[PDB]
Undergrad: 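Okay, here's the structure I mentioned, the one with novobiocin.
Following the PDB entry, chain A residues are numbered 17-100, 120-223, in order. Counting starts at 1 for both ligands and their atoms, following the listed order.
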Amino acid sequence: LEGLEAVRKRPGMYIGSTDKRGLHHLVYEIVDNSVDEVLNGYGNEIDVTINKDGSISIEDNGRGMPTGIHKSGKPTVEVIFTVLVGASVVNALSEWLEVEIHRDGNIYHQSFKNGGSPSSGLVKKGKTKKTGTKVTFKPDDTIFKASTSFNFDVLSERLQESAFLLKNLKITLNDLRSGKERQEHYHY
Ligand SMILES: CO[C@@H]1[C@@H](OC(N)=O)[C@@H](O)[C@H](Oc2ccc3c(O)c(NC(=O)c4ccc(O)c(CC=C(C)C)c4)c(=O)oc3c2C)OC1(C)C
């Protein structure tokens, strides 16, 4: 509704602050959704990838988000990313967000743009034998005026802590950006 605009007006009210700590909290919110699923009993691997264009991917091997109709009459995946930390907050502060779900033998995809406005509905794009959810968002430069570039070392301390706090959970962090390519993995 106007709820996505509200986040875009006072981001600090929803995230912790409107700085580099807030920008990295967008990533932690998406990782927390995969941790929730690990704790639900499904999944043992989380992959975080900093893409060449400055977007970030968070991939898991959980069951994959449910695709049915939510109590509001609207599809579930759409509700999660558009209704008010919450994945809707990430979506509001992103110039673009994409979801990819591997569930019930199928691959579902849904795209959002310019602050969380659905660019498409949930679309069946192929078939799979793999399960899980992959979220890829690009934070908005008009919100984080100073910077939108993720810091490998900042993400790494937090993912290390999540891997230590949970146990039997392999967290991999990757950086694809030109000249600063790095790969790390954490498992306790
Ligand atoms: C951002 O989405 C998050 C998820 O994030 C990720 N990465 O998976 C995750 O944190 C969590 O994921 C859930 C949260 C709830 C369910 C959930 O409620 C499910 N269903 C069952 O637990 C279930 C278990 C037994 C059973 O007989 C039925 C039948 C269903 C009926 C009668 C409606 C359903 C299910 O399959 O997957 C679920 C999943 C994957 O919640 C979201 C969707 C907000």
Undergrad: Name each chain or ligand corresponding to novobiocin, including duplicates.
TA: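 That would be ligand 1.
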Undergrad: Could you tell me which macromolecule makes the most contacts with novobiocin (ligand 1) here? Its name in the PDB entry would be great.
TA: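 The largest share of contacts goes to DNA topoisomerase IV, B subunit.
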Undergrad: What part of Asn49 sits under 4.0 Å from novobiocin (ligand 1) if we count only heavy atoms: the side chain, the backbone, both or neither?
TA: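 Under 4.0 Å from novobiocin (ligand 1), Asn49 contributes backbone and side-chain atoms.
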Undergrad: From atom 19 (C) of novobiocin (ligand 1), is the closest protein heavy-atom distance below 4.0 Å?
TA: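 Given the 4.0 Å limit, the answer for atom 19 (C) of novobiocin (ligand 1) is yes, a protein heavy atom qualifies.
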Undergrad: Atom 23 (C) of novobiocin (ligand 1): protein heavy atom closer than 4.0 Å?
TA: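 No; the ligand atom in question lacks any protein heavy-atom contact below 4.0 Å.
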Undergrad: Take atom 40 (C) of novobiocin (ligand 1) and look for protein heavy atoms under 4.0 Å from it; say yes if you find one, no if not.
TA: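 It does; a protein heavy atom is within 4.0 Å.
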Undergrad: For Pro82, state whether at least one heavy atom is located under 4.0 Å from any atom of novobiocin (ligand 1).
TA: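 Yes, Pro82 has a heavy atom closer than 4.0 Å to novobiocin (ligand 1).
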Undergrad: Against heavy atoms of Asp52, which atoms of novobiocin (ligand 1) measure under 4.0 Å?
TA: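 Those of novobiocin (ligand 1) that fall under 4.0 Å from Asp52 are 10 (O).
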Undergrad: Against novobiocin (ligand 1), does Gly80 come closer than 4.0 Å with any heavy atom?
TA: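 Heavy atoms of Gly80 do come under 4.0 Å of novobiocin (ligand 1).
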Undergrad: Return the closest protein heavy atom for atom 14 (C) of novobiocin (ligand 1) as residue, atom name and distance.
TA: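 Nearest neighbour among protein heavy atoms for atom 14 (C) of novobiocin (ligand 1), to 0.1 Å: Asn56 OD1, 4.2 Å.
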Undergrad: Under 4.0 Å from a heavy atom of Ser50: give me the atoms of novobiocin (ligand 1) that qualify, with their elements.
TA: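 It comes down to these atoms of novobiocin (ligand 1): 7 (N).
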Undergrad: Check whether any protein heavy atom sits under 4.0 Å from atom 30 (C) of novobiocin (ligand 1).
TA: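 Within 4.0 Å: no protein heavy atom nearby.
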Undergrad: Kindly identify the option in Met81, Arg79, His86 whose heavy atom sits closest to atom 37 (O) of novobiocin (ligand 1).
TA: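 Comparing heavy atoms across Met81, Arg79, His86, the nearest one to atom 37 (O) of novobiocin (ligand 1) lies in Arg79.
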Undergrad: Take atom 1 (C) of novobiocin (ligand 1) and look for protein heavy atoms under 4.0 Å from it; say yes if you find one, no if not.
TA: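 For atom 1 (C) of novobiocin (ligand 1) the answer is yes, since some protein heavy atom falls inside 4.0 Å.
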Undergrad: Would you mind running through novobiocin (ligand 1) and noting each atom that sits below 4.0 Å from a heavy atom of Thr168?
TA: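 Taking each heavy atom of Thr168 in turn, novobiocin (ligand 1) has 7 (N), 8 (O) under 4.0 Å.
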Undergrad: Taking atom 26 (C) of novobiocin (ligand 1) as the reference point, report whether a protein heavy atom occurs under 4.0 Å from it.
TA: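 Looking at atom 26 (C) of novobiocin (ligand 1), one finds that no protein heavy atom lies closer than 4.0 Å.
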Undergrad: Where on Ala122 is there a heavy atom closer than 4.0 Å to novobiocin (ligand 1), on the side chain, on the backbone, on both, or on neither?
TA: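 Answer for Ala122: neither.
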Undergrad: Starting from atom 12 (O) of novobiocin (ligand 1), what is the nearest protein heavy atom, named by residue and atom, and what distance separates them?
TA: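 The protein heavy atom lying closest is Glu53 OE1, 4.0 Å.
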Undergrad: Classify the contact between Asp76 and novobiocin (ligand 1) as side chain, backbone, both or neither, using a heavy-atom distance cut-off of under 4.0 Å.
TA: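 Answer for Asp76: side chain.
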Undergrad: May I ask you to list the atoms of novobiocin (ligand 1) that are less than 4.0 angstrom from any heavy atom of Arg138?
TA: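 What qualifies from novobiocin (ligand 1) is 35 (C), 36 (O), 37 (O).
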Undergrad: Which residues and nucleotides contact novobiocin (ligand 1) at a heavy-atom distance below 4.0 Å?
TA: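 Using heavy atoms under 4.0 Å, it comprises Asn49, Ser50, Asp52, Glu53, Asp76, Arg79, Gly80, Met81, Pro82, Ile96, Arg138, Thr168.
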